[PDB]
Peer 1: 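This file holds Beta-lactamase CTX-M-97 with aztreonam (open form) bound.
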Amino acid sequence: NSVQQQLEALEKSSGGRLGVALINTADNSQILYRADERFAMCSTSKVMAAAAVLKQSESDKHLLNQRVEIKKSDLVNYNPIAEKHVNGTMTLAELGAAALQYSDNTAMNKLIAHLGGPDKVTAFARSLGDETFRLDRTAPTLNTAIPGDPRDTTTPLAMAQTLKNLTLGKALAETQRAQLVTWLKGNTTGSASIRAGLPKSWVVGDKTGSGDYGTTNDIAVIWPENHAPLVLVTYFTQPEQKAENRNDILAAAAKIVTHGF
Ligand SMILES: *C(=O)[C@@H](NC(=O)/C(=N\OC(C)(C)C(=O)O)c1csc(N)n1)[C@H](C)NS(=O)(=O)O
């Protein structure tokens, strides 16, 4: 079966809706499956918030070391790093690292608040040429992932294009691009998602997201040992609010689309 037939069969077995966009930077070719359909980003949206702060830091050499006070009232549903710093401070760089590498939701919220609200994250995406991304809410409500709800959504293709621009392309000046890549490569939350579908020795940077409706997402930049990078978005969502998340589906999709590379 072709790659498209394999992805359709994966979706058919999955009990949900699968969205895939792979960009092969060797030749700019693409593998697309529901890639123009909206999906709730869940915590994959954190890449855009962190990158928006990195953009600001290009013109403010003190920004990344700016102190942010962490209070008990800032804690939400999932904040393994920020809870260690209640009554102290974290820098904006430390908040970017925590948001991306541990998916700390308090850290995401501090990034959003620093920027001036969810709409400012949307404006940053637009400044990169991404007409599709929208951030509407803070964490954790941005992960409700209700079917057909446009809030906090993008498409697989839009996010793959923007992730390519952010990590390998024109979106950020070099020091800031490099910092984003360092953060993504050090992610701790993605072992069982895209990474599990790839050769163990390939270098990967990624950001996961999991929400209601069993919504299970991962966005990655992948560096093969002997080939140009691949940028891969795998989004997955299910019809029932309390569906289990399915990182195995993302690993399976990654294996299908990276075969031969
Ligand atoms: C982002 O996707 C974010 N997700 C959530 O905060 C929600 N659940 O996350 C945890 C890890 C708690 C889970 O048990 O799935 C969630 C479900 S419903 C809702 N309104 N929020 C997490 C923290 N990011 S991820 O990268 O770890 O998935």
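Index from 1, following the sequence. First listed ligand is number 1; within each ligand, the first listed atom is number 1. If you check the header, you will see the structure was determined by X-ray crystallography, 1.1 Å.
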Peer 1: Report all copies of aztreonam (open form) by ligand number or chain letter.
Peer 2: ligand 1
Peer 1: Which residues of other chains have a non-hydrogen atom closer than 4.0 Å to aztreonam (open form, ligand 1)?
Peer 2: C42, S43, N77, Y78, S103, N105, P140, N143, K207, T208, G209, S210, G211, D212
Peer 1: Help me out: which residues of chain A, per UniProt substrate-binding annotation, have heavy atoms under 4.0 Å from aztreonam (open form, ligand 1)?
Peer 2: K207, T208, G209
Peer 1: Starting from atom 17 (C) of aztreonam (open form, ligand 1), what is the nearest protein heavy atom, named by residue and atom, and what distance separates them?
Peer 2: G211 CA, 3.8 Å
Peer 1: Quick one: nearest non-hydrogen protein atom to atom 18 (S) of aztreonam (open form, ligand 1), plus distance?
Peer 2: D212 OD1, 3.4 Å
Peer 1: Below 4.0 angstrom from a heavy atom of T208, which aztreonam (open form, ligand 1) atoms are there? Numbered from 1 as shown, please.
Peer 2: 25 (S), 26 (O)
Peer 1: I need the nearest protein heavy-atom contact for atom 22 (C) of aztreonam (open form, ligand 1): residue, atom name and distance, please.
Peer 2: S43 OG, 3.1 Å
Peer 1: Name the closest protein heavy atom to atom 7 (C) of aztreonam (open form, ligand 1), giving the residue it belongs to and the distance to 0.1 Å.
Peer 2: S210 O, 3.4 Å
Peer 1: Which residue in chain A annotated by UniProt as active site is closest in heavy-atom terms to aztreonam (open form, ligand 1), and at how many Å (rounded)?
Peer 2: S43, 1 Å
Peer 1: Which residue and atom name correspond to the protein heavy atom nearest atom 20 (N) of aztreonam (open form, ligand 1), and how close is it?
Peer 2: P140 O, 3.0 Å
Peer 1: Check whether the model has a covalent bond from aztreonam (open form, ligand 1) to a chain and give the residue and atom.
Peer 2: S43 OG
Peer 1: Which residue supplies the protein heavy atom nearest to atom 25 (S) of aztreonam (open form, ligand 1), what is that atom called, and how far is it?
Peer 2: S103 OG, 3.6 Å
Peer 1: With the criterion set at N/O pairs under 3.5 Å, what does the list of contacts between the protein and aztreonam (open form, ligand 1) look like, atom names and distances included?
Peer 2:
{"from": "aztreonam (open form, ligand 1)", "atom 1": "2 (O)", "to": "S43", "atom 2": "N", "distance (Å)": "2.8"}
{"from": "aztreonam (open form, ligand 1)", "atom 1": "2 (O)", "to": "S43", "atom 2": "OG", "distance (Å)": "2.3"}
{"from": "aztreonam (open form, ligand 1)", "atom 1": "2 (O)", "to": "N143", "atom 2": "OD1", "distance (Å)": "3.1"}
{"from": "aztreonam (open form, ligand 1)", "atom 1": "2 (O)", "to": "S210", "atom 2": "N", "distance (Å)": "2.9"}
{"from": "aztreonam (open form, ligand 1)", "atom 1": "2 (O)", "to": "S210", "atom 2": "O", "distance (Å)": "3.2"}
{"from": "aztreonam (open form, ligand 1)", "atom 1": "4 (N)", "to": "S210", "atom 2": "O", "distance (Å)": "2.8"}
{"from": "aztreonam (open form, ligand 1)", "atom 1": "6 (O)", "to": "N77", "atom 2": "ND2", "distance (Å)": "3.0"}
{"from": "aztreonam (open form, ligand 1)", "atom 1": "6 (O)", "to": "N105", "atom 2": "ND2", "distance (Å)": "2.9"}
{"from": "aztreonam (open form, ligand 1)", "atom 1": "20 (N)", "to": "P140", "atom 2": "O", "distance (Å)": "3.0"}
{"from": "aztreonam (open form, ligand 1)", "atom 1": "24 (N)", "to": "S43", "atom 2": "OG", "distance (Å)": "2.8"}
{"from": "aztreonam (open form, ligand 1)", "atom 1": "24 (N)", "to": "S103", "atom 2": "OG", "distance (Å)": "2.8"}
{"from": "aztreonam (open form, ligand 1)", "atom 1": "26 (O)", "to": "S103", "atom 2": "OG", "distance (Å)": "3.2"}
{"from": "aztreonam (open form, ligand 1)", "atom 1": "26 (O)", "to": "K207", "atom 2": "NZ", "distance (Å)": "3.1"}
{"from": "aztreonam (open form, ligand 1)", "atom 1": "26 (O)", "to": "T208", "atom 2": "O", "distance (Å)": "3.2"}
{"from": "aztreonam (open form, ligand 1)", "atom 1": "26 (O)", "to": "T208", "atom 2": "OG1", "distance (Å)": "2.6"}
{"from": "aztreonam (open form, ligand 1)", "atom 1": "28 (O)", "to": "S210", "atom 2": "N", "distance (Å)": "3.0"}

